[PDB]
**Student:** 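Below you will find the structure I want to go over with you.
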Amino acid sequence: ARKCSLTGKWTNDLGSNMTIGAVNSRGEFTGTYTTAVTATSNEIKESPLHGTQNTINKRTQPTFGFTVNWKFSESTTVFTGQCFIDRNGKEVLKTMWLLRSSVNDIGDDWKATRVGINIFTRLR
Amino acid sequence: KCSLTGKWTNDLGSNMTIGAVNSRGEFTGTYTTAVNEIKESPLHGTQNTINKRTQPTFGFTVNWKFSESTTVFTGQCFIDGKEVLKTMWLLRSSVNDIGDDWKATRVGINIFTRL
Amino acid sequence: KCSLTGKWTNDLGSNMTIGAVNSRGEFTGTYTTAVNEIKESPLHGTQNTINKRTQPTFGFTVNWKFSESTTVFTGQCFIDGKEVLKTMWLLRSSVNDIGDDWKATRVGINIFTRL
Amino acid sequence: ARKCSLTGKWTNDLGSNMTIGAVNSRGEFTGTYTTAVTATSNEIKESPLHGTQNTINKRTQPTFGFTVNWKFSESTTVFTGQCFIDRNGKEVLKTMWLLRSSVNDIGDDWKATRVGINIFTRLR
Ligand SMILES: *[C@@H]1O[C@H](CO)[C@@H](O)[C@H](O)[C@H]1NC(C)=O
Ligand SMILES: *[C@@H]1O[C@H](CO)[C@@H](O)[C@H](O)[C@H]1NC(C)=O
Ligand SMILES: *[C@@H]1O[C@H](CO)[C@@H](O)[C@H](O)[C@H]1NC(C)=O
Ligand SMILES: *[C@@H]1O[C@H](CO)[C@@H](O)[C@H](O)[C@H]1NC(C)=O
Ligand SMILES: Cn1c(=O)c2[nH]cnc2n(C)c1=O
Ligand SMILES: Cn1c(=O)c2[nH]cnc2n(C)c1=O
Ligand SMILES: Cn1c(=O)c2[nH]cnc2n(C)c1=O
Ligand SMILES: Cn1c(=O)c2[nH]cnc2n(C)c1=O
């Protein structure tokens, strides 16, 4: 079977794009995230990301996580998922995310986290 | 200014130490859980520097060294005069078959204070 | 007006039928998954009636009859001209010891269309 | 050991209160939710809830779920968790929730779900 590789340019269901560079032997990678929409009335852009792929047992379809450090807001998003070979033999990232808003008071902390999915496929 | 650097412990008794935060907001650390005895896994993340908030949001990934899983944590560094990290996490399990993907993600909270 | 009453199927191939929605917005139904063959569990929930929106939010609980677990789903009934339910769910597993509570909750999405 | 029972008045970490009535033999219950804060600039109140407790194997510490049908907004929250006897012998509900906002466009669906926890203890 193919190995599923994180390295490449990706697009998701919402029209956002993402690039991920080479993964080092420690499983670390950097990338960029170019977002389609926004929960702010601020314009979007490219924002950097950093994360790791799990290399335990050197699975062909590894789990990974990354953090997006939004450059156009005070928020942070983390993504986590797995690099699968799909039924049709394509690479697919199946991910879920938490979007953390900045709040001014610790008493608003409870409503500062949104959750959802994103499915990435390779954009050539 | 609530800062991520230092030694932390959470509501479950796990420990975490985080190094210096660089100008791009990036930091690395080690996450410590007990089952055997104690396990140590690297973590890497960033804090948000937009508006240079005294109470910044942040994120990090734990690359578990004892399983195939990955966890990401995100939240906000609060300063009352004690510092507290309020976080939520997603724990992604490895599945073999994409048909099992639906059940591979767990979610929860952790609250960290200085150890 | 996007309506919850009827027969639905999701992206995983599970089926769901929901009865009439009463004046308090309450409804009951049956949720159908395949493993054996097919299982049937009751569900109960409400749709939100504030402002009598054409595309209302809603929630429901599935009381699984084949395990000790419970799932809740919440989301919004959209009308494009096809009706689509966009939902997220939490699947709560039973643990024996409160010390295991942290890992008892999974999260995901389901999208339902008319069957 | 005690059985953990849903029936009663409860308070959580945020200061919200909740009542749950008798649970019927089908595991069904009704209740009310009186909330401390809000993600809206609307005032709070009492809102009804309905849900079920799992009775498979008649566990002493059952899982359950319920839906809160907010009367002061277009949103809906679902809660799910387990009724534990804690280390100190008290009943505790350990729950997690999804708060679904109403959006006007299906294209905003992605940011319409927030997530968090709530810990309930009996208020006498
Ligand atoms: C994603 O990449 C495609 C191919 O260049 C580009 O046309 C499209 O507009 C991109 N989407 C965003 C939101 O940048
Ligand atoms: C966490 O912190 C302290 C170290 O001061 C120790 O009591 C405890 O055993 C540690 N737990 C670990 C290493 O998981
Ligand atoms: C769901 O819907 C249709 C019934 O028309 C059927 O093809 C499929 O097998 C059903 N799946 C179940 C019952 O889980
Ligand atoms: C919860 O109940 C207590 C006891 O009556 C009451 O004083 C308190 O204000 C309630 N909290 C809310 C938000 O209603
Ligand atoms: C996950 N996610 C998105 O999918 C998105 N699209 C636009 N902003 C976005 N943000 C901030 C985000 O966190
Ligand atoms: C969040 N979290 C924990 O709190 C934990 N405790 C033990 N393993 C753990 N893992 C893998 C995890 O992701
Ligand atoms: C959401 N969900 C599912 O999609 C599913 N499929 C099979 N069991 C399932 N359970 C228990 C569940 O909660
Ligand atoms: C979970 N939750 C709360 O804890 C809360 N507090 C105030 N509104 C609230 N809402 C709408 C809510 O869904």
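Chain letters correspond, in order, to the sequence lines: A, then B, then on. The numbers used for chain A are those of the PDB entry, and the residues that appear cover 1-124, in sequence. Here chain B follows the PDB entry for its numbers: 3-37, 42-86, 89-123, in order, are the residues you see. We number chain C the same way the PDB entry does; the residues here are 3-37, 42-86, 89-123, in that order. Shown for chain D, in order and in the PDB entry numbering: 1-124. What you see below is based on every heavy atom in this structure, not just the backbone, and it leaves out hydrogens, waters and symmetry mates. Remember, it's 1-based here, ligands and their atoms both numbered in the order they're listed.
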**Student:** Help me out: which chain holds the greatest share of contacts with ligand 5, per the PDB entry?
**Tutor:** Avidin
**Student:** Which drug or drug candidate is found at ligand 5?
**Tutor:** theophylline
**Student:** Any idea which other chains have a non-hydrogen atom closer than 4.0 Å to theophylline (ligand 5)?
**Tutor:** A, D
**Student:** Against heavy atoms of A:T38, which atoms of theophylline (ligand 5) measure under 4.0 Å?
**Tutor:** 7 (C), 8 (N)
**Student:** Is there a polar contact between theophylline (ligand 5) and A:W97, counting only N or O atoms under 3.5 Å apart?
**Tutor:** no
**Student:** Give the residues of chain A annotated by UniProt as biotin-binding that have any non-hydrogen atom less than 4.0 Å from theophylline (ligand 5).
**Tutor:** none
**Student:** Go through theophylline (ligand 5) atom by atom and flag the ones less than 4.0 Å from a non-hydrogen atom of A:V37.
**Tutor:** 6 (N), 7 (C), 8 (N)
**Student:** Nearest heavy atom to atom 4 (O) of theophylline (ligand 5) wins, so pick from A:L14, A:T34, A:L99, A:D13.
**Tutor:** A:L14
**Student:** Return the UniProt domain name for the region of chain A with most contacts to theophylline (ligand 5).
**Tutor:** Avidin-like
**Student:** Any N/O of D:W110 closer than 3.5 Å to an N/O of theophylline (ligand 5)?
**Tutor:** no
**Student:** Which residues and nucleotides from other chains come within 4.0 Å of theophylline (ligand 5), counting heavy atoms only?
**Tutor:** A:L14, A:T35, A:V37, A:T38, A:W70, A:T77, A:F79, A:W97, A:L99, A:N118, D:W110
